[PDB]
Amino acid sequence: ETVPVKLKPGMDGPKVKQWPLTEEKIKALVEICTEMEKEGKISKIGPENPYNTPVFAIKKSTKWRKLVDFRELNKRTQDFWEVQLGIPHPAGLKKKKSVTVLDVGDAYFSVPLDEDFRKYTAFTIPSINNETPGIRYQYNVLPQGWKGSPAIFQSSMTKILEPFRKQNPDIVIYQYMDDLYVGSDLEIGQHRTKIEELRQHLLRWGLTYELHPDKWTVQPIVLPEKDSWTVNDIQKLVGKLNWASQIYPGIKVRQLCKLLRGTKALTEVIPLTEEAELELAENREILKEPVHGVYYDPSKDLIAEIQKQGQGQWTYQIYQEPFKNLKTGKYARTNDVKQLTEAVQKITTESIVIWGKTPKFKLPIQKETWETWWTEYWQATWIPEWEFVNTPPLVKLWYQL
Amino acid sequence: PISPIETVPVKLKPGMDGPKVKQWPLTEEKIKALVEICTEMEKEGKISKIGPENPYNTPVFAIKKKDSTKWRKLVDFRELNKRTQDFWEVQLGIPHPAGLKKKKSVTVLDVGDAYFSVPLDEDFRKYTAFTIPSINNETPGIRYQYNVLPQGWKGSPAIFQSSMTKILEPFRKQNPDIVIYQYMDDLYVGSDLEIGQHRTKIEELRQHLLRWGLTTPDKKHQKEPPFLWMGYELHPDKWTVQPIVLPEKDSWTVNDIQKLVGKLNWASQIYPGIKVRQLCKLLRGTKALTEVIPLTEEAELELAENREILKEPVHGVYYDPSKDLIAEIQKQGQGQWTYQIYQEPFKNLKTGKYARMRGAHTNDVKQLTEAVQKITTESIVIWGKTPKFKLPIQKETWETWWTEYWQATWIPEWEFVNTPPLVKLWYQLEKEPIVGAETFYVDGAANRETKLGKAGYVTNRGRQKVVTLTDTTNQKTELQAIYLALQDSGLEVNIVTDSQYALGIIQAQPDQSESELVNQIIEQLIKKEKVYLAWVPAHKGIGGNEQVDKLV
Ligand SMILES: Cc1cc(/C=C/C#N)cc(C)c1Nc1ccnc(Nc2ccc(C#N)cc2)n1
C-alpha cells in the first residue's frame, strides 16, 4: 500500500547532472545497483523520464555504500515532509547524557513508493570518458536520503517503537532522515544495554556512534591574559572587544582605548590601569555566558560558518542572522579538506540534535577543490546545503583560541 | 525497415493539447514533390493516411534538395515541440581521444534512415498529423500521421539513441572484448582482433542490427581509418587534432583573429606550449567584426612561436589502464600555465593550458594550485583516475603558504620538478610587530559626493604627511595611505590601518594584480626587509588612528 506523494505546487522534478566519478565508485555503483534491481528496489528507465539526481559511493569500514544526493528533490518536496505530516523535534534530546545514533535507512526498502512519484527519483550511473551511455534507474520503494521516506514510514515507525517507549518512559528517540537518535541519562554501560534491547525490536522488522550532548559547552571568545601588554596587544584586544560589542550587550572598551593615547610604537609596553583591568574582567564574564537576546526561530534557516585556524583547529558559529550566535564551537585534529569534511558532519550532527535541522554551511574553500574531494571523506547519510566563501581575515582571529 | 523494438511512451506537457495548426497553401510543384514522397514513405510504413476525425495538424512544406533535382520533405514541428514533454538529455559528454584505449582494428558503420527506422509511440502518433494541401487549397488535403520518429521532432534524438543502446545490449553482453560507440546515426567498432576475425565480428553485428530493423553499409562501404571525428584525427594507435592551417595574411580582421585563437586553443590539446595571450589582448575592447587589428610586436612574435610549434605533426597516445598518469605543469608567462599528461615520458596522452584569474589579486601559488584542480577534475572525466603531479614548486614553499593561508586546500600526490620559472613566495609579512621599526599609523578617506580623497600617516617618531587625491574612492585612499607609508619608510616598518579591505588584499600575499596601486604596493613589499601590518577599528577613537584621522 502506497501513500500518494506530490511535489510543491507548480514546480517540476529535479534535473541535476551527475558528477564525474572515479573508476572504483562506478564499479561499486554497478555491483550495488544490479543487486537492488533484481530485488525490485529500482528499475531501469527510458528517455521519457527527463529527471536526474546525482549519486556516488562511500565506504562510510571497507564496504561500499550508495549515497544519493536528494538535496534538490528534498527542496522540491519540502512542504510535504515538513508541513503536512512531519516529525516533531523533542527539546529533551540535547539534554541527555548519552545519545546514540543508529542507521535505520534500510527499513525504507520494504515500503512501496507512490508509482506516480517514482519518476522524480531518477538517477544515472556514468561511464568513464562518456564512452557508453549512463545506466538510468528509478526507485520502486522509499529511497534512503529522501526526506519523504521517514515522513511516510513514520506511521510504521511509532508502531515499531511503541513497546520499547512504553517500557522505558524516560528514553528519548528521535528520527531524522535515515537515522534514529536515542538518548538517556543511564550510566553508559546500561545505556548501551538499552541500545541493544532497542536493536532487537528493530531486528524483528528488518533493521540491523555515541554523543554526549549534555557535555557540550560553547567556545567563548577568548581574551588573552597577558603578563605584559604592548600597544599591539591592546589594539588587538580592543578590536576583539569591539567586534564582540555587536553580539554581547554590555561589552565596554572605553577604559582600554584610553590606554591607546597618541601615536605609540607598536612594541611599547603599557601598564594596565585600575579601570582597564576592570573592564577586562567584566567582559570576560559576559563572554562566558550565552548571548542575551538571541533565540532560535523555527521558520528561519540555520547558517554555519567555519574558519581555518591552522595547526588542525577549526572554529565555527551557528546563527540565523549574522553575529547572533545560537552556538559556537571548535573541532580539532594532515588533509585540510578531510578535516573540513569531518567538521561539517560533526556540526550537522549537533545541529540535528539541537534543532532538528541541518545548517546551510559557509565553507572557507574553493568550490572546485571541495567538489573534487569531499566525497572521499563523507561518511554520512545526509548532505547539508553549502556555499563557498573567503573568510574575512579579522573574523578569523576574533574567533581564535 | 521499422525496428521491431518496443516504443517509448510519450505525452504532451501536463496541461497542453496537441497542435492544431493550419496548413498554408503551397505551389503546385511543391505539392507534387510532397505527394510522391509521402507515397513512397507510406508504402514503407513510415506514415499512414488518416481519417477526418483527427483534429490535430502540423504544417508541412518541401524544398529543392541542395543543388540536385530531387526534393526534401520538411515538417514544422515547432508547435508540437513546445507541447511535447522534455526528455533525458540525449547524452551530454563527448569522449576525449586521450581516454581511448589502443585498438588493433576499427570500423565505422553507417545506420540507414535512422529516425525513420524506429517506431513512434502508438498513442502519440495522432499528434503528428500533417496535411498535403490541394492545389490553390481548393479541396480537402491528403492527411497523414507518422508511425516512426519524425525528423525535427523534439523526442527523436533521444528515443533513437535509447533504442540503439537497447538493441546493442545483447551484442555487447556476448561480446565484452569488443568496443562500440554510438554517436547520432553512426556506430564505431573497435577490436584487438586481426583484420580477419574483426571483419567477421562486424558481420555478426550487422546481422544483429538487421535482425532489429537497422540497415548498414556492406563490407565494401565501411570507411577506412584514419577517421575524422569531432575535430580529431583517430588512428588505431594514435590520435591528433585534425589539420590546422594558420593563414598567411598582412591584415587581420577581428573575425580572422577570433578564428585563429580558436584553432590555436583547439591545437593546444596536443601541441605543447601553444600560447594566445598576445593575440587575445588584441581582441580586447570592442571593434566591429570586419575591423582590422594591426598585430602588436609581442603578438606578431606570439604568432611566430605558434606557427613554429605547429609546423610539424604531433600525435598523442592512448591510455593504458594498467599504468599511472603523470601530469607536469610549467609556468609559461604572465598567468599562463601549460601542462602535459603522459604515462611513459614523454609520450603525451594530451596537453593543455590554464590561464584564469580568480579575483583581482592572486599569486603564483594560488594559480598553480588552481591548475592542479582543473587538471584533476579533467583526469577524473577522461580516465576516472587522478594523476601524479610534477610541479615547479618546492615542498617547503607550498607548505609555508598552505599552512598560514586561511582557505582550505589539498592537491593529490605530487613532487618537485625543476623546470623554471619556479613558483615562489616573493615576500612574507611579519607575524609580530617589529622593534626599532617606525610605526606608521596610516589612513585614507574620500568624500563620496566629491570623489576627493586625502591619504596620509603619522608616526611614533613624529613624521607626518598628507596627499590629496582626485576622482578616488574610499578603498583607493586606504591603499594609497599604505603605499605612502611604504615609500617613506625604511627597510623595516610597522603599519597600522583601519581598512579591513586593504588588510585582506595584502595579507593574501598577492604577487600580481589588476590594480596599478596594488602592483606598486607589491613592488614596494619586495624591496622591504620586514613589514608588519596591523588592523584597528576605525573611529573607535584609538590612540594612533584618531591622530591621522584628524589630518585626513
Ligand atoms: C569513443 C569512441 C570513438 C570512436 C570514433 C571513431 C571515429 N571516427 C570509435 C570508438 C571505437 C570509440 N570507442 C572506444 C572505446 C574504448 N577505446 C577506443 N579506442 C580507439 C577508437 C578508435 C581508434 C581509431 N582510429 C583508435 C582507438 N574506442
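Lettering: A, B, C, ... assigned in the same order as the sequence lines. Chain A is numbered as in the PDB entry, which gives 6-65, 68-215, 232-356, 362-429 for the residues shown. In order, the residues displayed for chain B correspond to 1-552 in the PDB entry numbering, which applies throughout. Order of appearance sets the numbers: ligands from 1, and atoms from 1 within every ligand. Hydrogens, waters and symmetry mates are skipped; everything else that's a heavy atom, side chains included, is used.
Going by contact count, the macromolecule most engaged with ligand 1 is what the PDB entry calls p66 Reverse transcriptase. The drug name recorded for ligand 1 is rilpivirine. At a heavy-atom cut-off of 4.0 Å, other chains contacting rilpivirine (ligand 1): A, B.
In summary, the atoms of rilpivirine (ligand 1) found under 4.0 Å from a heavy atom of B:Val179, numbered by their order in the structure, are 11 (C), 13 (N), 14 (C), 15 (C), 16 (C), 28 (N).
Under a 4.0 Å criterion applied to the non-hydrogen atoms of B:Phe227, rilpivirine (ligand 1) contributes the atoms 7 (C), 8 (N), 25 (N).
Contact annotation for B:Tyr318 and rilpivirine (ligand 1): only side-chain heavy atoms (C-beta onward) come within less than 4.0 Å of the ligand. Listed by atom number, the atoms of rilpivirine (ligand 1) under 4.0 Å from B:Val106 heavy atoms are 22 (C), 23 (C), 24 (C). Of the protein's non-hydrogen atoms, B:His235 O, 3.1 Å is the one closest to atom 26 (C) of rilpivirine (ligand 1).
Neither the backbone nor the side chain of B:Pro225 has any atom closer than 4.0 Å to an atom of rilpivirine (ligand 1) (non-hydrogen atoms only).
Lab note - chain A listed in the entry as p51 Reverse transcriptase. Closest to atom 21 (C) of rilpivirine (ligand 1) among all protein heavy atoms lies B:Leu100 CD1, 3.9 Å. In the vicinity of B:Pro95, heavy-atom distances shorter than 4.0 Å reach the rilpivirine (ligand 1) atoms 1 (C).
The contact set between rilpivirine (ligand 1) and B:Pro236, taken as ligand atoms under 4.0 Å from a residue heavy atom, comprises 24 (C), 25 (N), 26 (C), 27 (C). Heavy-atom proximity to B:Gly190, at under 4.0 Å, picks out these atoms of rilpivirine (ligand 1): 11 (C).
Listed in the PDB entry as the source organism of chain B is Hiv-1 m:b_hxb2r. The N/O atoms of B:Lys101, backbone and side chain alike, include one that comes under 3.5 Å of an N/O atom in rilpivirine (ligand 1). Looking at atom 2 (C) of rilpivirine (ligand 1), its nearest protein heavy atom turns out to be B:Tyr181 CB, 3.5 Å. Covalent bonding of rilpivirine (ligand 1), as deposited, involves no chain atom. For atom 10 (C) of rilpivirine (ligand 1), the closest heavy atom belonging to the protein is B:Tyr188 CB, 3.8 Å. Residue contact check: B:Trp229 has heavy atoms under 4.0 Å from atoms 7 (C), 8 (N) of rilpivirine (ligand 1). Rilpivirine (ligand 1) has no N or O atom lying under 3.5 Å from any N or O atom of B:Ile180, backbone or side chain.
Counting heavy atoms within 4.0 Å, the binding site of rilpivirine (ligand 1) comprises A:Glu138, B:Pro95, B:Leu100, B:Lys101, B:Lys103, B:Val106, B:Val179, B:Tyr181, B:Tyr188, B:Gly190, B:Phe227, B:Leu228, B:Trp229, B:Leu234, B:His235, B:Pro236, B:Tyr318.
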